[PDB]
Engineer: 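Can you keep this structure in mind? I'll have questions shortly.
To find a chain's letter, count down the sequence lines: the first is A, the second B. We number chain A the way the PDB entry does; in order, the residues shown are 88-91, 96-244, 249-357. The numbers used for chain B are those of the PDB entry, and the residues that appear cover 1-297, in sequence. Start at 1 and go down the list; that is how both ligands and their atoms are numbered. Atoms considered below: every heavy atom in the structure, side chains included; atoms not considered: hydrogens, waters and symmetry mates.
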Amino acid sequence: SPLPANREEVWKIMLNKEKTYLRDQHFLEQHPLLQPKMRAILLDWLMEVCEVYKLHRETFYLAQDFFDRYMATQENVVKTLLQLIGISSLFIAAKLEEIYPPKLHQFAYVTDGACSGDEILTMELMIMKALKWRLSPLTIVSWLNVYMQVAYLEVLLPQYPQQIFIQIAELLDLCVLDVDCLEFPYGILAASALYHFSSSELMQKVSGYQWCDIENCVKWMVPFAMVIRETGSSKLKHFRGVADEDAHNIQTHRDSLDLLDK
Amino acid sequence: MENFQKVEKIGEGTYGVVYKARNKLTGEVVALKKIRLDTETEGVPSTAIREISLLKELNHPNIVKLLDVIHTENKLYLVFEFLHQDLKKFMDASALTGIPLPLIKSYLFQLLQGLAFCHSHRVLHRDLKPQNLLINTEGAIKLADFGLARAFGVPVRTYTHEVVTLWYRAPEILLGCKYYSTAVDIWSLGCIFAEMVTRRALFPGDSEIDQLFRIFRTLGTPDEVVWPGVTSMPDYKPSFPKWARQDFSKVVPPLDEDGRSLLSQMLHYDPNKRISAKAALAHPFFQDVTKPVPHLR
Ligand SMILES: C[C@@]1(O)CCC[C@H]1n1c(=O)c(C(F)F)cc2cnc(NC3CCN(S(C)(=O)=O)CC3)nc21
């Protein structure tokens, strides 16, 4: 445990949550009509709706995880079902995570008529019943939050720079767009992205993993990290009605589709 | 429900009704929480989704068990284990007699084990009140109604303000703090510990300012010494009356020195210094119920 309830007890419960929430990197093999890029365009679009409604990064990553894990239970999904499966994964996520989530009609409206409120209601129950109501994962962005606090040392009060968080989050947003990310545990992916913006010493100190635990994910993440570096990282945005100390937790969107091609 | 016969309505809220139900061929009595979906404009309520998922990962002998979830036509039934009574009915029935000190200590010990389990899994209950603490005829007490519960991050972020029932609400919530976590549940448990001892709610306010003044009259008006940052909190007023801290021999007369010590640490103003559920379990007040475990390193 990298943390300073018991330190090892809280940390082991967290590590044993990735071990109970199972996800497979080649889930799109069960859906032969689908190609890995369909998943990328969908997740990218979900990030943009998240930014439009000033939704938290956590609710995007809950929706990403519900979608990828839901698809592992299904078979023969068509390109036309994707928008409903995704917007319904986001409906569940926003209701679980936001204080005042957008209303059902706002979720139907953002699909431009392709999904009705009743279709989303039917889909959220299919999703929740297929996931056996296991809707509380430790997301990729949740690990980044844990690591950013330990870097700037009380672990429950948020004390860390917002702009650095955004730059690491931006790299994770690109990597999640590729289905091969699912081969690596969520904690490993966040620690590897953090490593690309720092070092193994900072990584091990804030995450507890050794460099051999992370080495494989680091090499896989290499191309995604260089495309971000080539373009120059983003600046922390301001959002009306969102407090300054919470601005780093709002999901943002950019040309990640172009960046993913390289 | 083709095998559970509804026997009696035992509860009612914004999202559905709770029934006592008996299995016809087994004789297994359960609590059925019915949520009518056809009446909701937002589908399955956020409270029902949080309660189900959080409870699927919280199996503990001091947490009420969610046995099953059933979707039927335009309804959602949550099946829970049944307990014959809540702590409010028990304290009321024992108001003239009193609750024996060993049973108070045992219920507190168990509630703290259920709470330390929640907190170690990063779950805040946020609705600890006597009616949500269920007892059986075998000396057990369990945490129930996770409808207002929430998973928290490390570090935490700004959560829902209006969160605990008034009489059990912690002063950092009443004073408008931006952040809160596990210490709010410990404050409610401290209020219930004193309520078990005296059979009277410790802080029975009728409004938010009245709740704060009842707290201040008992524990004394907090200042920068006992609570660094109080005077810079959104709802702090320099005009607040200055009361002196009362002696716990008058606040909780039947309580012994160890009981008083534990209670004062659970009702510490500063959420950062308020005792955790894990550390409360190691307090000398419980020495005759638990044995310390050897610690590695
Ligand atoms: C938590 C609640 O008390 C709030 C109102 C409904 C209750 N309730 C639940 O909500 C849940 C689950 F849905 F959360 C499970 C549950 C289980 N068993 C009992 N048993 C009852 C205890 C109270 N008594 S009493 C008045 O003291 O005689 C009668 C028998 N109640 C339960």
Engineer: List the drug name recorded for ligand 1.
Structural biologist: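 The PDB calls it PF-06873600.
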Engineer: Okay, contact question: for PF-06873600, which chain racks up the most heavy-atom pairs under 4.5 Å? Name from the PDB entry, please.
Structural biologist: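 Its main partner is Cyclin-dependent kinase 2.
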Engineer: For PF-06873600, which other chains fall inside a heavy-atom cut-off of 4.0 Å?
Structural biologist: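 Counting heavy atoms only, the chains are B.
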Engineer: May I ask whether B:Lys20 has any heavy atom positioned less than 4.0 angstrom from an atom of PF-06873600?
Structural biologist: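 Per 4.0 Å heavy-atom rule, B:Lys20 does not contact PF-06873600.
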Engineer: Could you check which of B:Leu55, B:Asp86, B:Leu143, B:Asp127 puts a non-hydrogen atom nearest to atom 23 (C) of PF-06873600?
Structural biologist: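 The option holding the nearest heavy atom is B:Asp86.
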Engineer: Do any UniProt Mg(2+)-binding residues in chain B have a heavy atom less than 4.0 Å from PF-06873600, and if so, which?
Structural biologist: B:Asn132, B:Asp145
Engineer: Heavy-atom pairs closer than 4.0 Å: do any link PF-06873600 to the side chain of B:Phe82, the backbone, both, or neither?
Structural biologist: both
Engineer: Please list the nearest protein heavy atom to atom 18 (N) of PF-06873600 with its residue and the distance rounded to 0.1 Å.
Structural biologist: B:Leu83 N, 3.3 Å
Engineer: State the UniProt domain of chain B with the most residues near PF-06873600.
Structural biologist: Protein kinase
Engineer: Give the residue, atom name and distance (to 0.1 Å) of the protein heavy atom nearest atom 9 (C) of PF-06873600.
Structural biologist: B:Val18 CG1, 4.2 Å
Engineer: Identify the protein heavy atom lying closest to atom 29 (C) of PF-06873600, giving its residue, its atom name and the separation to 0.1 Å.
Structural biologist: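 Atom 29 (C) of PF-06873600 sits closest to the protein heavy atom B:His84 O, 3.9 Å.
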Engineer: Any idea which UniProt active-site residue of chain B is nearest PF-06873600? I'd like the heavy-atom distance to 1 Å as well.
Structural biologist: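 Using non-hydrogen atoms, the nearest UniProt active-site residue is B:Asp127, 8 Å.
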Engineer: To which protein heavy atom is atom 1 (C) of PF-06873600 closest, and what is the distance rounded to 0.1 Å?
Structural biologist: B:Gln131 O, 3.6 Å
Engineer: Please list every residue in chain B that UniProt marks as binding ATP and that has a heavy atom under 4.0 Å from PF-06873600.
Structural biologist: B:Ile10, B:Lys33, B:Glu81, B:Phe82, B:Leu83, B:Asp86, B:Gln131, B:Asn132, B:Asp145
Engineer: Could you help me out with the residues around PF-06873600? Anything with a heavy atom closer than 4.0 Å counts.
Structural biologist: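 Within 4.0 Å (heavy atoms), the residues are B:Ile10, B:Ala31, B:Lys33, B:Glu51, B:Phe80, B:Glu81, B:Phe82, B:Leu83, B:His84, B:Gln85, B:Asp86, B:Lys89, B:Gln131, B:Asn132, B:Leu134, B:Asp145.
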Engineer: Dump all N/O pairs between PF-06873600 and the protein below 3.5 Å as a table: atom names plus distance, one pair per row.
Structural biologist:
residue	atom	partner	partner atom	Å
PF-06873600	3 (O)	B:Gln131	O	3.0
PF-06873600	18 (N)	B:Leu83	N	3.3
PF-06873600	20 (N)	B:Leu83	O	2.4
PF-06873600	27 (O)	B:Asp86	N	2.9
PF-06873600	28 (O)	B:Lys89	NZ	3.1

